[PDB]
Amino acid sequence: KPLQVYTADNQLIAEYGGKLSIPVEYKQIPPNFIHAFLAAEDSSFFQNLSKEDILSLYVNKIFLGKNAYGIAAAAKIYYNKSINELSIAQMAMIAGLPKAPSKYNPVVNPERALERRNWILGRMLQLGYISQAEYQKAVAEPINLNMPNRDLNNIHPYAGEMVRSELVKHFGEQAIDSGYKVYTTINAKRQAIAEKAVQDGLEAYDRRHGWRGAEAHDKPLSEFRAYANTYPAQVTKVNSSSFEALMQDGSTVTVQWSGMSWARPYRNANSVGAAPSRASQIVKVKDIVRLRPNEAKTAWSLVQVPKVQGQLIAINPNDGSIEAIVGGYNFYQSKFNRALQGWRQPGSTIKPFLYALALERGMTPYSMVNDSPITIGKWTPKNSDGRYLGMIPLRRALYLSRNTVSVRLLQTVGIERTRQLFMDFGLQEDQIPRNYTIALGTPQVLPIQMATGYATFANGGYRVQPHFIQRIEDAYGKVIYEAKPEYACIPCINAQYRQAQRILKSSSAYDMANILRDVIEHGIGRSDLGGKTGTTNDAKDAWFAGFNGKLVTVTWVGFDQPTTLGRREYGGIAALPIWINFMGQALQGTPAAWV
Amino acid sequence: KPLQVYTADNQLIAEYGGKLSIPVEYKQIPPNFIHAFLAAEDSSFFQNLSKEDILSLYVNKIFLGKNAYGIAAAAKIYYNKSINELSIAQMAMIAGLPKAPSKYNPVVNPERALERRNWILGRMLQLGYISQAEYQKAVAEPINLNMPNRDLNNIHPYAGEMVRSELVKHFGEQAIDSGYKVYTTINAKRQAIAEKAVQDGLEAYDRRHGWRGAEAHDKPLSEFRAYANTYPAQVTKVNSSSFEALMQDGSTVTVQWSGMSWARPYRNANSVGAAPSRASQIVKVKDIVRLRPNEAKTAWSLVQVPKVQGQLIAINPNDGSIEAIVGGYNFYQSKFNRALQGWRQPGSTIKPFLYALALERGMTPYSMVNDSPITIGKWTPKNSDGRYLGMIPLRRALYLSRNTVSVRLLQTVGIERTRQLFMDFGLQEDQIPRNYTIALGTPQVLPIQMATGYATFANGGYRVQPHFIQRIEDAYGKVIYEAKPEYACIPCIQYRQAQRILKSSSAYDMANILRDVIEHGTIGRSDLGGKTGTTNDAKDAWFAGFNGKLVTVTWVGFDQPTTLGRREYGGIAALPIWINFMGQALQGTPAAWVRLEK
Ligand SMILES: *C(=O)[C@@H](NC(=O)/C(=N\OC(C)(C)C(=O)O)c1csc(N)n1)[C@H](C)NS(=O)(=O)O
Ligand SMILES: *C(=O)[C@@H](NC(=O)/C(=N\OC(C)(C)C(=O)O)c1csc(N)n1)[C@H](C)NS(=O)(=O)O
């Protein structure tokens, strides 16, 4: 009974196997397997009937490491075999594990394991259980691990892993052994859209930054893996306008000029070389490249896995339901989920929060704010363009992200009142400094926390908690957990007990939502959308946080090791296209839904 | 449901607790405990109130290290507390364990444990779960582990551990979690006798070789343990005829001259110094000594834990039932079991086996054998006393353990026939050389193997297998295992008949040679036979003996082979232990001898 993961549309997306026990009838056990146990220790005081008799009481229970309880579970976990498919050497390997299933474990100590195994094999021979022929064959046999994957997550990988890693982080490995059916809030259609939007958007950034050369040269093709619809290939012949490449299935393909002409060489983030004029400028024979076929598989193109990373998080602003989550370019690259674990600075993307606090004090979007030079101790917060617009409306100050106005508003609204608000918005106390730079978007945040914050605007001023579990059923069919979330608007559900806490005045949240809608309509065929771009120092991060009354989406683009994305790569350039693509498709065929 | 260890007499002597889970109703959990779990991680995506509802599904299952499954089992294992007796700091400590019950465990990483705990306490404060008063109190609170012992083995330690260690060696730690009742072959009365006989015998050897000085000097008293009716004490004041010592309970005691005057100093294995004339010659202030009190209490005496080791193994020669087992001086001094793990040379104790084969070939105890110098290619075996008795009867050659006669009999018998016999009674093929020195007792053996050997004489020529399990019951009362041993004599008690490894007449004649050896070369008994043994430079002292109902093998020696002394023999050293045990174990039982079946 594995841990089962479902989307909100009843689709089984992942299965997590825990502690495994496959009981077998004693008479079904190969005699050599019993012999391997009998030879595993020099002396039994319980040729020797008694140990065989007492072995039958433990044979399906013995902890053999790596979640294996009993001989059948070990045969499955280690070799993906039935006990009847095991070789003498593999039987001797398993029989050496009861004593210390870590010291003699073949996964952790392969040397120490073979030492123990060969000793048992030698003893099986001395005891007459095996012939010298069987013995020589078995000692020469390598470890031969064929460990099946028991963590099945090949449909919506980020969504599946979110469940396993969270249960394990909070409740440890026993959470998987439970055999529970976890019904998530994940919308499979929206999840599929998000995965494609992040892939396309990262590839769009990547391509405009240029060809970075083959990922490897003169390395074995078998050491590479396909992912994100990219297939490792080896360059075998280079011509003037085309090249030949060897695939992982042994077939040779040809890439025509049209499939590689895009390859202007990357020089740095703000520079690409001249458009290629010959295939020899792009590839060398023995290069390990990535290719992509078309739908028919009649044509192939030279592609590139982006070095840049990204994420997308989409929540329901009324209850905090996580509808879609993408934590990187592709889950094969690494299990790392940037939506939940990726601490980055939010930049201008934090301003709607602070400005909503100014609106709380009695200001209006039209209220005049002062964009002039300022000082705190010695520090001078300067504007992006080194310009000062003087007295301007609050809404224009926000749209143009004026840093002196922000610092001035922080002084008006007080640091602590803002820190408490950032905390109400979802933000971590420890990650929020007790200084004036917070008005700038200096606190490190998680994209999920930003989504929670933007939901306050979409919902009318309420604090919602992001959640991914709708219900949990036991293996026997009983509902053991039903989500009871805090709702911003209870009448809104029935287009439910817990009412969410109001963290912002209704009028301030509504005003900020409309400023955000005006911002998105001065920088999809929809009129119910609002949003804010963000970019950090030296374009180390590109953000877009936006919403409608039914859905909040936060997109991020950047390198894991903070490096410039490029002079031209503002939040509005790199993150915004991902947001648009997802939102346009996720909201296609839904009526206008404002605050 | 722990693993229960029982004696043949249906008496519980040990309990082994495995994986523990004490389920609790959610409403019975202190709110601060739930708060500690809520504060254990920065973000929950299941404030964060949803984690509370999901926590109820895991609260009795969460693996918290050291066999603890669930909050109540951790409160018990770590603090011997109920969840309602836990402090805020202890609740924060437990709540920090789910993530990594090894990287944050207070038993293994106390530094990492406190780091994680204090962080959780800090977060409980920031979340408003605890006041600053509750917080300052809790951070200042030390680890405060009060771990109850769940491996109860304080009655017959070597017997209890034999069961736990064997199940764990063959079937791993899951063997304990099974909740099975093991009804063993151990006789509690005989086991109690054996423990006392080994202790007394080792102490008798020890005392005559002199005072070796305190076991430690300027070391912490808390690092020592009481065992074998010896209590660690620290010398605090030394006078002319007496000394003051600090006990583990904090009380100061006085040892008078009478309690320490025995302390002639050990000079070497064959020498002791002058009798002490003042307490300063025996003890220094800050010395870690062992003391012993009266039957009630009035005075204390300076005692010494022997450096010498010993063992005793007693089996039933008809089925191989292990009736008594003592693996060393004290299980608390050394967990190691010399009866089952102590590979040593048997010396002259092997001779009855070789001489028995010579009887199979048609020789009689009276047959003349040649005790003269002999050369086996390169090797020249010499006799113990460097004497040669010439033509002597086979039985006298055995009694006086004549090495040249043994080598001559090995040539008559043949190495392989001998090796086959050694293997037949349990000796290990790898431990038996393919040379003439085997006649002298050079193969490395276990005392349990020697007991199995000597049972062939007591039973009339049969191979029995030593065994400690009579039956196993599950927690629900069902018999899941019943011993089906090989019996030497079935009418004597399915049923399994043991294999004959020696001729009835050979076993009978060797038994009577052994009887003569014990009756006329050393209890009010005439049904006993036995053999002494001593190895080169008295590195080992043995006594293997029996009656028709019981075989006992005793051994004395140092773990790192060193001489016992010139005088220290068979002897002398291992024989008094055997006598003491046998005399008492057989007290009130009729005469029991072997049976001839030509
Ligand atoms: C908003 O994201 C805003 N960015 C900034 O205030 C920050 N850097 O801006 C400069 C121009 C210095 C840059 O080098 O990009 C900033 C805030 S916190 C941090 N680490 N950097 C931009 C200007 N507004 S947007 O509308 O262009 O996104
Ligand atoms: C038998 O145990 C017999 N001992 C010997 O043959 C051995 N050593 O004897 C000497 C005298 C050297 C000794 O110091 O004890 C011997 C056998 S195997 C080995 N490594 N050494 C003794 C003397 N006879 S008994 O009657 O005491 O058993």
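Chain identifiers are assigned alphabetically (A, B, ...) following the order of the sequence lines, protein sequences preceding nucleic acid strands; residue numbering begins at 1 within each chain. Atoms within each ligand, like the ligands themselves, are counted from 1 in listed order.
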For ligand 1 in this structure, which bound macromolecule has the most atom pairs within 4.5 Å, going by the PDB entry?
Penicillin-binding protein 1a
Drug listed at ligand 1:
aztreonam (open form)
Find the other chains whose heavy atoms come closer than 4.0 Å to aztreonam (open form, ligand 1).
A
Okay, next thing: residues with a heavy atom within 4.0 Å of aztreonam (open form, ligand 1) - which are they?
A:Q345, A:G347, A:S348, A:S384, A:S401, A:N403, A:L440, A:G441, A:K532, A:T533, A:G534, A:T535, A:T536, A:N537, A:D538, A:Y570
Does this PDB entry show a covalent bond joining aztreonam (open form, ligand 1) to the macromolecule, and to which residue and atom?
A:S348 OG
Distance from atom 24 (N) of aztreonam (open form, ligand 1) to nearest protein heavy atom, with residue and atom
A:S348 OG, 2.7 Å
Measuring from aztreonam (open form, ligand 1), which other ligands or ions can be reached in less than 4.0 Å?
none
So which protein heavy atom does atom 15 (O) of aztreonam (open form, ligand 1) come closest to, and at what separation?
A:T536 O, 2.9 Å
What residue and heavy atom of the protein are closest to atom 27 (O) of aztreonam (open form, ligand 1), and at what distance?
A:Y570 CD2, 3.5 Å
Any idea which protein heavy atom is nearest atom 28 (O) of aztreonam (open form, ligand 1), and the distance to it?
A:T535 OG1, 3.1 Å
